[PDB]
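Working notes, structure below.
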Amino acid sequence: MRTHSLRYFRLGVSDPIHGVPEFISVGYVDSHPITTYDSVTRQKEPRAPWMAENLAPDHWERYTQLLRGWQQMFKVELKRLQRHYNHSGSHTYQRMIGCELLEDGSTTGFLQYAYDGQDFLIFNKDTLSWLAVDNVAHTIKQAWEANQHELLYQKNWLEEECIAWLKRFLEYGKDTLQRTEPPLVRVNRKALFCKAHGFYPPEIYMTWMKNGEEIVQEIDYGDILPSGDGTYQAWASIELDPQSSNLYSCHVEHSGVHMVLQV
Amino acid sequence: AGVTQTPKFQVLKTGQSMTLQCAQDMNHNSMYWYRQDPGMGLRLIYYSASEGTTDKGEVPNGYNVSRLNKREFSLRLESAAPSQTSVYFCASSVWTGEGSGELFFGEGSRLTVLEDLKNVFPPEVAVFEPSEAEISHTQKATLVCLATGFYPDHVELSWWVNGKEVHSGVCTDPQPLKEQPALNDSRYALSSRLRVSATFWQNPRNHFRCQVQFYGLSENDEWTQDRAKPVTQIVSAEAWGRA
Amino acid sequence: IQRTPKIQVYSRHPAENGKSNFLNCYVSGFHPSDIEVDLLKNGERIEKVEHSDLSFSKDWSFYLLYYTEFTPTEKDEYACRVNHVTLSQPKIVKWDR
Amino acid sequence: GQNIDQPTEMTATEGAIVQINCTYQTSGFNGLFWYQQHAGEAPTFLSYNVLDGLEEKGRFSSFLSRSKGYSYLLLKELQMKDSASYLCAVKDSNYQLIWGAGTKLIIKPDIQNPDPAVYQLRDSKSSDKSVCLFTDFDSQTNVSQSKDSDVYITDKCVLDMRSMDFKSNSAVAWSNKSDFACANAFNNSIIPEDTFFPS
Ligand SMILES: O=C(O)Cc1ccccc1Nc1c(Cl)cccc1Cl
Ligand code: NA
Ligand code: NA
């Protein structure tokens with residue numbers, strides 16, 4: 001297979017304005033949302049049809065309870081952080097946990113915490129330690145690292161349990177997560193715009209080459225964007241030189257297939 | 001401190017209401033109710049992940065719970081049944097979900113559910129003084145205490161020497177003895193020994209006392225039998241040292 | 001540190017006058033998550049506009065996709081107006097072709 | 001699954017080493033717990049394993065093999081106070097605990113100077129029961145039921161006179177039936193050949 005990733009996000013906001021929730025939790029396999037929970041619904045609900053189809057009510061009832069607890073725990077350590085920083089008003093607190101299953105068979109695990117959208121605490125499962133970006137984080141770190149049973153737990157979960165979940169979901173959503181839709185590539189003029197659309201997965205490689213050598217460097221890349229139908233689109237541009245004749249060609253790579261469009 | 005749970009003992013008729021209380025002062029978020037039965041592992045009845053939510057466990061039928069606050073998690077028997085006869089344990093942890101966090105248990109609560117209280121009996125307690133043969137041969141003196149005829153197994157045996165409770169030199173049967181093992185209704189017996197130096201027993205002003213605390217009926221339990229109402233009571237028997 | 005939103009306006013398929021299509025407004029790379037996004041048909045709001053749920057990125061930023069169904073014409077010109085904590089006045093990004 | 005298996009009961013000698021096994025078949029694995037429960041008391045946390053290897057805490061050690069799906073609790077230099085039930089519990093993929101049925105550890109005391117004897121105890125003036133006491137016998141001696149059931153015999157128990165560092169085994173027999181003597185109290189069980197019977 002390709003590189004597949006499972007990643008779960010949690011957001012905590014201190015003074016949510018108006019109808020904004022104070023706690024949100026969403027799960028992703030690759031680029032697809034699979035499960036969601038907010039402080040208003042207080043339920044864990046499917047966000048993909050193949051998730052609702054394959055997981056018994058037991059699952060949703062069990063994880064609903066757990067997320068209610070996490071809503072509490074996050075509201076409490078957002079308070080302790082905000083006191084240590086001496087920060088008034090609004091601040092955010094985020095958490096990302098997850099796996100990656102690489103094509104070659106290797107894996108990666110990661111668990112991170114964030115404050116105001118900045119790195120705050122990063123876990124290293126290979127050294128069983130927490131990296132702190134400041135001294136507020138350093139204070140939290142010293143307590144966490146004193147409980148090595150907890151650290152050993154996280155290492156085991158990231159390396160075995162998360163990966164196991166991912167394989168489980170990859171099969172649930174096989175018809176979606178493991179399909180290939182090749183890109184449609186064309187070349188426009190204004191600078192040559194190499195434009196691709198209608199492809200999945202969204203991982204795509206585009207570049208311009210002059211006379212057989214890569215432009216190193218002033219290619220202008222466009223972001224990979226969702227089309228709204230499950231496919232994606234992107235582009236790359238280079239300005240054409242009016243002094244010299246040059247063979248410009250756009251190179252696209254996608255799911256193991258290389259493509260060349262010459263001009 | 002720690003995890004507090006009440007009552008420690010309880011006798012119930014079919015089918016009577018009952019509420020078990022549990023409190024924890026460790027500022028734990030997750031609390032639990034387990035029942036323990038012979039031959040099988042603990043079974044979760046209900047649990048509470050945090051201060052504002054509860055959910056069913058493995059064996060929720062015939063029960064319900066209320067997480068009153070962050071400290072208190074009460075278990076409730078709707079209508080008592082013989083199958084609900086068990087030891088119940090309250091427990092709490094910092095967090096039920098992700099983590100290496102362990103459980104902190106309460107002392108436990110033994111509930112016995114009967115069709116009627118007609119078979120409830122207090123223990124008969126007798127103390128038996130040491131053999132003079134033992135004292136000559138081993139220079140030690142063993143008092144034996146028997147508590148017989150009681151039901152259910154809701155007893156606590158203890159030895160008292162000169163007004164103060166002792167534990168050294170004491171061995172009490174870890175399980176009680178069924179006097180009529182063939183029967184489901186069978187009353188129990190429980191032996192215990194206190195073994196002291198011969199020079200201790202031979203002092204005439206030393207006082208020995210075997211006390212058995214029994215947990216049976218309370219004031220509000222109905223009693224129609226022609227014998228004494230087997231209420232919660234202490235029953236003792238005593239000895240003094242010989243010459 | 002607060003991050004301003006990135007606003008991109010594009011069509012689902014290569015647009016042609018007369019052919020039905022979808023107008024997308026992708027808003028990404030902003031923080032905090034508080035945001036409001038509506039599409040413009042030559043100045044006035046479109047009301048029949050769908051959107052995905054809020055989403056999360058590895059760099060702790062959030063993103064969103066707003067979209068309508070439409071048939072592009074020579075006459076019409078579209079835009080997407082976005083308001084965020086990092087913006088003092090509503091930022092308007094017009095659709096190009 | 002899901003399933004946790006644990007031996008019902010184990011017997012070992014004082015001063016020796018015992019290894020209590022726990023094999024689990026679960027839906028995922030988030031950690032294995034050991035608990036100690038004394039009879040009549042509440043279970044208390046002993047150890048926690050989640051990664052392969054052996055972790056030591058005093059006389060106790062806990063080992064885990066995730067691949068083989070088993071764990072053991074090792075108790076070195078056994079003492080009488082180690083007599084309890086030991087509970088194995090595995091956390092599954094959904095962080096729910098599965099509990100084993102527990103293992104009861106019985107510790108046989110090292111009796112240095114055996115002196116097996118059955119003593120007739122003094123009658124009480126408040127009971128019709130006559131009482132015999134089998135005592136000071138070796139730990140390999142087992143006590144059996146009475147095949148008479150107006151006679152009541154209790155399983156052996158260990159008392160510790162901690163001011164003399166002295167441990168002894170003892171079983172108690174009693175009855176009110178008129179044909180009951182200590183001479184015949186423990187016939188249905190195997191008592192030592194050198195047992196002392198005072199007249
Ligand atoms: O974080 C969430 O959105 C749900 C949640 C709650 C408690 C524990 C784990 C999870 N997420 C989760 C789930 Cl639901 C399945 C597999 C892997 C993970 Cl990290
Ligand atoms: Na295609
Ligand atoms: Na119930």
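So you know, we letter chains A, B, ... as the sequences are listed, proteins then strands, and number each from 1. How was it done? The header gives X-ray crystallography, 2.7 Å. Remember, it's 1-based here, ligands and their atoms both numbered in the order they're listed.
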Report the name of the drug modeled at ligand 1.
diclofenac
Under the nomenclature of UniProt, which macromolecule has the greatest contact count with diclofenac?
Major histocompatibility complex class I-related protein 1
Other chains with a heavy atom closer than 4.0 Å to diclofenac: which ones?
A, B, D
What does this entry list chain B as?
MAIT T-cell receptor beta chain
Residues binding pyridoxal per UniProt in chain A, non-hydrogen atom under 4.0 Å from diclofenac:
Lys44(A)
Hey, quick one: what organism does the entry say chain A comes from?
Homo sapiens
Enumerate the 2-amino-4-oxopteridine-6-carbaldehyde-binding residues UniProt records for chain A that place a heavy atom under 4.0 Å from diclofenac.
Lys44(A)
Could you walk me through which residues contact diclofenac, taking a 4.0 Å heavy-atom cut-off?
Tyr8(A), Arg10(A), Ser25(A), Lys44(A), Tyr63(A), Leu66(A), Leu67(A), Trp157(A), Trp165(A), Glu98(B), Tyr95(D)
